[PDB]
Undergrad: 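Take this structure first; my questions come after.
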Amino acid sequence: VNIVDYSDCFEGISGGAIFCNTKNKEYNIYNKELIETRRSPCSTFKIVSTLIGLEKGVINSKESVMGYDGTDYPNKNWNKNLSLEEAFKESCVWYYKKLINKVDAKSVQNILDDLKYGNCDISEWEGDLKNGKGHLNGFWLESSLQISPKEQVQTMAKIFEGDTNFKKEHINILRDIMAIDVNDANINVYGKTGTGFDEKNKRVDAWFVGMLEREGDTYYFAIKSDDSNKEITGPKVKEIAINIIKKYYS
Ligand SMILES: *C(=O)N1C[C@H](NOS(=O)(=O)O)CC[C@H]1C(N)=O
């Protein structure tokens, strides 16, 4: 367990990072207090909800559709019968809400418990309805479910090292749709962004969670901002993550 200083890559944004290599148990932690603090996962939950949907047969491949019904949305790419792969990369909320609402709560509770997914609290299934967004809400979006960056890395490691009961076929679908182009062919990077705003504390929940493969070694990582500047989003934290990977993990 090494405490490290990645602050230069954060360019003044408040946050932390944790990288974990489970072969030689090298835990690299920037901002330990924040890395141990549970927060809403926001759209990073799509990593797990994809696996739930595959396991329950709601979806079956990276092509699978959820029966688009024609509802109008401001994002162009939500207005179509998009595949799993496209809905994951577009972070399409209606697709993943319809997916999870096909699964019974007991099944989800038991999967989260098995994964040790933070507080495993799905009590507010419908999500943060006070924000006015209605069905564009759920327990994983600034609501009851909370997970720390350290727990995110532990969950990613358990899934992608083959230590859960999820089918290998399903884990490989997730790897495929999580793959990121970082303009460096000598590392494979996978992950998912998440963006929320914590109204109580007036801070963002901006995430990038995933894994890095670099010649034999695999690192599981979670990068998280809690800045008060509302302009700090998941995509911005992903930029910071890539700069950390290129500086310190090449
Ligand atoms: C998930 O965090 N969300 C869905 C969507 N994607 O965000 S991301 O670019 O950080 O992955 C928009 C924001 C958020 C939401 N409001 O539901």
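The residue numbers of chain A are those assigned by the PDB entry, with the residues present covering 60-309 sequentially. We count ligands from 1, going down the list as the structure has it; atoms in each ligand are counted the same way. Header says: X-ray crystallography, 1.7 Å.
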Undergrad: Look at ligand 1 and name the drug there.
TA: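 The name is avibactam (bound form).
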Undergrad: Determine the main partner chain of avibactam (bound form) by heavy-atom contacts and give the name the PDB entry assigns.
TA: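 It is most in contact with Beta-lactamase.
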Undergrad: Check this for me - avibactam (bound form), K105, N or O atoms closer than 3.5 angstrom, yes or no?
TA: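 In fact, backbone or side chain, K105 has no N or O that close.
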Undergrad: By number and element, which atoms of avibactam (bound form) are closer than 4.0 Å to a non-hydrogen atom of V152?
TA: 4 (C), 17 (O)
Undergrad: For avibactam (bound form), which atoms, with element, lie under 4.0 Å from some heavy atom of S150?
TA: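 So the atoms of avibactam (bound form) that pass are 4 (C), 5 (C), 6 (N), 7 (O), 11 (O).
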Undergrad: What are the atoms of avibactam (bound form), with element, lying closer than 4.0 Å to any heavy atom of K251?
TA: 11 (O)
Undergrad: Looking at atom 2 (O) of avibactam (bound form), what's its closest protein heavy atom, distance included?
TA: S102 OG, 2.2 Å
Undergrad: Can you tell me if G253 has a non-hydrogen atom under 4.0 Å from avibactam (bound form)?
TA: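 The answer is yes, since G253 has a heavy atom less than 4.0 Å from avibactam (bound form).
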Undergrad: Of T254, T103, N190, which has the heavy atom at the shortest distance from atom 13 (C) of avibactam (bound form)?
TA: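 Nearest heavy atom to atom 13 (C) of avibactam (bound form) lies in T254.
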Undergrad: Going by the atom numbers of avibactam (bound form), which of them fall below 4.0 Å from some non-hydrogen atom of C101?
TA: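 Listed by number with element: 2 (O).
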Undergrad: With a cut-off of 4.0 Å, which atoms of avibactam (bound form) are near a heavy atom of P294?
TA: 9 (O), 10 (O)
Undergrad: Taking non-hydrogen atoms only, is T252 closer than 4.0 angstrom to avibactam (bound form) via side chain, backbone, both or neither?
TA: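 Looking at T252 and avibactam (bound form), atoms from backbone and side chain both fall under 4.0 Å.
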Undergrad: Touching avibactam (bound form) at all, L200? Heavy atoms, strictly under 4.0 Å?
TA: yes
Undergrad: Heavy-atom contacts under 4.0 Å between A265 and avibactam (bound form): side chain, backbone, both, or neither?
TA: neither
Undergrad: Which organism did the depositors list for chain A in the deposit?
TA: Clostridioides difficile
Undergrad: For avibactam (bound form), what covalent attachment (residue plus atom) does the entry record, if any?
TA: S102 OG
Undergrad: What residues line the site of avibactam (bound form) at a non-hydrogen cut-off of 4.0 Å?
TA: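 Going by non-hydrogen atoms, it's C101, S102, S150, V152, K192, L200, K251, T252, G253, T254, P294.
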